[PDB]
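Looking at a structure with pramocaine today.
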There are 2 protein chains.
Amino acid sequence: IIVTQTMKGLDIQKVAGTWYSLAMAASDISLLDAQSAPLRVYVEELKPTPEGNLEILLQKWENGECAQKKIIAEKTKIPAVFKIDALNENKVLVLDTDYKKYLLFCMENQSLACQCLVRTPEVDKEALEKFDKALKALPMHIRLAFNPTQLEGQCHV
Amino acid sequence: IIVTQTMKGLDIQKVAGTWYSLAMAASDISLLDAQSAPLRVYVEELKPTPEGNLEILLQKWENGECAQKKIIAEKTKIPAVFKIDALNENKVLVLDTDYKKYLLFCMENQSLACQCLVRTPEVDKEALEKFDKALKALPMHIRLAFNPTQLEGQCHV
Ligand SMILES: CCCCOc1ccc(OCCCN2CCOCC2)cc1
Ligand SMILES: CCCCOc1ccc(OCCCN2CCOCC2)cc1
């Protein structure tokens, strides 16, 4: 465990819909540095399922182009923690959300990336303040923030 | 002007000697993102001159290799502000330093990069706290921090 902060009383159905990745931070620079870095992922829409699993729609820069991706995160016994299947066991945690404006999450596993999601392409200084407070507890070495023009573009260009 | 914060009473001869670039931040992601990004520069030594100009020794990743660079920053009427000659007029400002441990500086010109320099390859949390306070005033969108192993390597690898 590195991330311990979780949303109390999370109702996953209420995170459905569109989101923007306003800012991102990660434990290691290589996770976010280039446009093609592995965790440089731009979240577009969250689609929880009736059983309370979570489909995640996002964009990622791969092979010189902006690709659409669709991921499923399986629920656990903890409502704020989900699991993605891979060669390694990857954990997704919801740290905090008010449903209507911002959502903070982290993905982990020793290594870690977190984002501040917002509902609209605006610089929400209070959401970023809450993101930065949550990151105080974590060993981050790279932090990115994006402007409204980028959020409204493709793969944040 | 963007950066307004300057070291009161700066004695430039006292910044001489070795330094490490513990952390960096910039106004635009492309200034720092890849290892070959333009402002990804790792400061190794400062050499003020008898007339109070400033030679700067650093490393930069260029063309797949770590190159040694030597730059001169010319003094101005303001002791904390220096100027580098280029196709554009580039301004270097000393924001704060205690000479013995940390030094904060920014280079500017609309666009901007700042670093936290430290004397030894240790994570100085107080120096980073002071860096982050100074950056609160500035429109940064990328921030990097480096670990002791990287500081002791070549071009921070
Ligand atoms: C409540 C917020 C849930 C969103 O969490 C995630 C967002 C993006 C993720 O993407 C991880 C990287 C996706 N890979 C990119 C490269 O291709 C394979 C998928 C994972 C979880
Ligand atoms: C008091 C601290 C002074 C140090 O300030 C600077 C540090 C690094 C700098 O480097 C700027 C980029 C150098 N270029 C890299 C690419 O080749 C040409 C030089 C400039 C000022």
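The lettering of chains (A, B, ...) simply tracks the order of the sequence lines. Note that chain A carries the PDB entry numbering, so the residues on display, from first to last, are 1-109, 115-162. The numbering of chain B matches the PDB entry: 1-109, 115-162, in order. As the structure lists them, so they are numbered: ligands from 1, and atoms in each ligand from 1.
- The chain forming the most contacts with pramocaine (ligand 2) in this entry appears in UniProt as Beta-lactoglobulin.
- Chains touching pramocaine (ligand 2) with a heavy atom below 4.0 Å, listed by letter, come to B.
- Within 4.0 Å of pramocaine (ligand 2), judged by non-hydrogen atoms, the site holds B:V41, B:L46, B:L54, B:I56, B:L58, B:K60, B:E62, B:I71, B:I84, B:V92, B:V94, B:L103, B:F105, B:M107.
- Atom 3 (C) of pramocaine (ligand 2) has its closest protein heavy atom at B:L54 CD2, 3.8 Å.
- When only non-hydrogen protein atoms are considered, atom 14 (N) of pramocaine (ligand 2) lies nearest to B:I71 CD1, 4.5 Å.
- Below 4.0 Å from some heavy atom of B:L103 lie the following atoms of pramocaine (ligand 2), by number and element: 1 (C).
- Closer than 4.0 Å to atom 16 (C) of pramocaine (ligand 2) lies at least one heavy atom of the protein.
- Proximity to B:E62 (heavy-atom distance under 4.0 Å) selects the following atoms of pramocaine (ligand 2): 16 (C), 17 (O).
- In terms of protein heavy-atom proximity, atom 11 (C) of pramocaine (ligand 2) is nearest to B:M107 SD, 3.9 Å.
- What sits closest to atom 20 (C) of pramocaine (ligand 2) on the protein, heavy atoms only, is B:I84 CD1, 3.5 Å.
- Near B:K60, the atoms of pramocaine (ligand 2) lying under 4.0 angstrom from a non-hydrogen atom of the residue are 15 (C), 16 (C).
- Among protein heavy atoms, atom 12 (C) of pramocaine (ligand 2) sits closest to B:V41 CG1, 3.9 Å.
- Scanning all protein heavy atoms for the shortest distance to atom 7 (C) of pramocaine (ligand 2) gives B:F105 CZ, 3.6 Å.
- Here the heavy atom of the protein found nearest to atom 8 (C) of pramocaine (ligand 2) is B:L58 CD2, 3.4 Å.
- Distance from atom 4 (C) of pramocaine (ligand 2) to its nearest protein heavy atom, with residue and atom name: B:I56 CD1, 3.7 Å.
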